[PDB]
Structure formats: structure tokens, C-alpha cells
Amino acid sequence: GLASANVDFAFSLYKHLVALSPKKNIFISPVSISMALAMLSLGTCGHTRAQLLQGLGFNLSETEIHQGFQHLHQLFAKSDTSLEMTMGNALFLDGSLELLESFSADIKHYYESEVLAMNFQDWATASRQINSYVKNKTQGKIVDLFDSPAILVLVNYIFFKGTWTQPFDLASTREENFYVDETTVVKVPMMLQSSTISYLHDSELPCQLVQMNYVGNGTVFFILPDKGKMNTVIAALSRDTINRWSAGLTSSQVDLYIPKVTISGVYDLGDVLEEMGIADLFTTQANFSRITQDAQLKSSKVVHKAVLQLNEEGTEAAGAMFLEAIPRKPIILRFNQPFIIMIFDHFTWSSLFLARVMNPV
Ligand SMILES: C[C@]12CCC(=O)C=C1CC[C@@H]1[C@@H]2[C@@H](O)C[C@@]2(C)[C@H]1CC[C@]2(O)C(=O)CO
């Protein structure tokens, strides 16, 4: 099924990226990556198609996959007083190219994708056009997404605004030490609430964790590993671990200290995808025959960018992907050191956002 395959891709992508850049702040939107690459698969055939779908975790009909993302795209459109969420897709195309009927019909039906004309000869204008488009769609959260000129650009964006069901106490906020390294300490606004919170001191892993809900169906896990045990906890991240945590989490009195995190990241997913076995996309042997017949295309660059804001009232997260194609007693829990964030949807089981916070500033 889609829900199982998507979350397994989420953790594997996270793990591989963590290993590739071990000191960087990692904040990603796996569902964004899965939806963008699944939309791409509609334009692939042969060995490239099979390799992409298998890498995404799908047992190779294709219609089941795209109906699944159509389902997600619909449920992820919300605009209320305490909950706001949007998700979308777009295709930027040079005038020299024309999409095949079935491909453009499929991306518009299943992914509600806009197909927008573009002059790749003027890259300054082109990259300005795409950057502003993404900027507006994510409510100004994703700024300056754009690397090298390209005749086709595939885009996906996600914006999320959640409100804590248990908000942090504004008066309780103080500046605390956040210990980045053995030689690095930064000052950060540290939030505090003393509430009945779902808590688990893990006995099978060197970590302690809490679960908090947002107004609606959004939920978040904050995982604090024991000092120097970040990679032992990360390697264990799976469906079986999150299930056991969910079953283990018990209502407890917690003095919960989490910092006011404002982080961003830009990630070239080239090395990550090829580590996961998705390699044909980038080769001069790439099969992109269902996109267009006006040119044989390969992928030149795959980039993801995401931003995270945490405060006393809630969370504001946003993400964007682009693909360029060219011609072929209270328990004190203090998050004052590197920790893990997992934002999920209760309703669909979708991994919305994953984080490894090395430095909240
Ligand atoms: C593994 C699981 C069910 C099987 C599956 O294919 C996908 C997932 C990933 C997300 C998990 C989910 C369930 O376990 C319920 C979880 C933990 C959910 C995230 C939040 C959740 O809904 C709860 O926290 C339950 O209250």
C-alpha cells in the first residue's frame, strides 16, 4: 500500500541524507519528495520507470499510486482559523517543447498540475518566474529556490501551519544554552510548559520522547537521544519503532523544554537518490519518453528546500522540490542539544516533515 511504502521511503531518505551530511541541519518534507517523483514517473518508461517506482517503494498497477497522491493532494487543502495547509504541483515548459496528450492529462487529473509556458533562453527571467511562483504558493516561506538552465522544470510545494493543542507558556520562555558540539554552544529562546504530555523513556533505545498534537489531524514526535547516541536512534527509525513508541507513550507530567527553532536547508538529492538506487534519471540513457517526443530528456538536477518555525503558539513548516530536465512530580525533558522531529498526519499516516536539529539558529 501507499501509506506503508511512503513512510519507508521517508526514513530511508532521511537516513541516507543524515549519513551524507552529518553536521548540517536536516529539515525535509518526504511526502513532497514522494509526490514530485511519482508525478515524474508518469513521464518515464522502461528501466528508468521500474527503477524509480521500486526506489520509491512501490511493488512493480500504476493507477493505484496516482489515485493515492490525488487523495493526499485533496485532503491537504485546508484554510481555517487555527489550521492551514496547502500542497501543489507545477510544470514549467520551454515553448520549443510540447507534452504528450496522455501525460499532460494525467498530471492535471491526478496531481492538479499547472502547465506554464517558459523561455529557457532567458534564464534570468525564467528562474525569476519560478522563484516568485513558489514564493507566493508557500506564503513567502520558500524564498530563492533557484541552478543551471533547463528546458523543463518540475515543481512541488508544501505549506503547513499548525497550532499546538497544548500551547507553550509565553511567560515561561527564557534564553538557554543549546549545546551544538563539544566546542560549540549557542543561545536560544527556550520554551516551557508543565503539562500532562504523552511521554516515553525508551528502554530498547538510548532516547526519551514526547508526542504532541496540532488542532486537527497533525501530530509531532520530539525525540531526544542520550548524549552521543544520535546515530543509534536514527538507524532504528522504522514503522516498527514508531508503532512501539505509539503503544509505549503514556500520559505523564512533563516540564517540557523545546527551543524556538528557526531553521532552513537546501539539499541536492542527487547523491541521496543514487544511493537508494535511483540513478537512470541522471544518465544519458534516461527514458523520459512519455513526457514528450520533441526531445529525449534526462534529469540534470534534483533539489529540495525546506523551512521550519517553532513558537509558543504552533509550528510553521514549508517545503519545495524542483527537478530540472535537459536534452539527453514533573519529568524534566530539555531539548538543549541535537534532536529529532517527526511531523505526521493522523488521518493518512503520511510523513509530512522530518528533522535532525543540530543547531536551532
Ligand atoms: C505505522 C503507521 C501505520 C502503518 C503504516 O503503513 C504507516 C504508519 C506511519 C505513521 C504511523 C502509523 C500508525 O502506527 C499510527 C501513528 C503512529 C502514525 C503516525 C501517528 C500515529 O497515527 C499515532 O500517533 C497514533 O496515535
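Numbering of chain A is taken from the PDB entry, so the residues present carry the numbers 16-75, 79-164, 168-349, 351-383, in order. One-based numbering, in listed order, for ligands and for the atoms of each. If you check the header, you will see the structure was determined by X-ray crystallography, 2.3 Å.
- Of the listed drugs (enarodustat, hydrocortisone, dicoumarol, plinabulin, torasemide), the one at ligand 1 is hydrocortisone.
- In this complex, the main macromolecule engaging hydrocortisone, as named in the PDB entry, is corticosteroid-binding globulin.
- Residues touching hydrocortisone within 4.0 Å, heavy atoms only: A18, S19, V22, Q232, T240, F242, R260, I263, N264, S267, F366, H368, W371.
- Protein heavy atom nearest atom 18 (C) of hydrocortisone, with residue, atom name and distance: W371 CD1, 3.9 Å.
- Here is the list of hydrocortisone atoms found below 4.0 Å of a heavy atom in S19: 6 (O).
- Near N264, meaning under 4.0 Å from any of its heavy atoms, are these atoms of hydrocortisone: 1 (C), 13 (C), 14 (O).
- In summary, the atoms of hydrocortisone found under 4.0 Å from a heavy atom of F366, numbered by their order in the structure, are 10 (C), 19 (C).
- The nearest heavy-atom contact from the protein to atom 26 (O) of hydrocortisone is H368 CE1, 3.3 Å.
- Among protein heavy atoms, atom 24 (O) of hydrocortisone sits closest to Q232 NE2, 2.8 Å.
- Polar contact check, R260 against hydrocortisone: no nitrogen or oxygen pair lies under 3.5 Å apart.
- The shortest N or O to N or O distance between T240 and hydrocortisone is not below 3.5 Å.
- Given atom 25 (C) of hydrocortisone, the protein heavy atom at minimum distance is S267 OG, 3.6 Å.
- The overlap between the UniProt cortisol-binding residues of chain A and the residues with a heavy atom under 4.0 Å from hydrocortisone is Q232, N264, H368, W371.
- The entry's source annotation for chain A reads Homo sapiens.
- Atom numbering of hydrocortisone starts at 1 in the shown order; those under 4.0 Å from a heavy atom of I263 are 1 (C), 9 (C), 10 (C), 11 (C).
- Inside a 4.0 Å radius of atom 16 (C) of hydrocortisone there is not any protein heavy atom.
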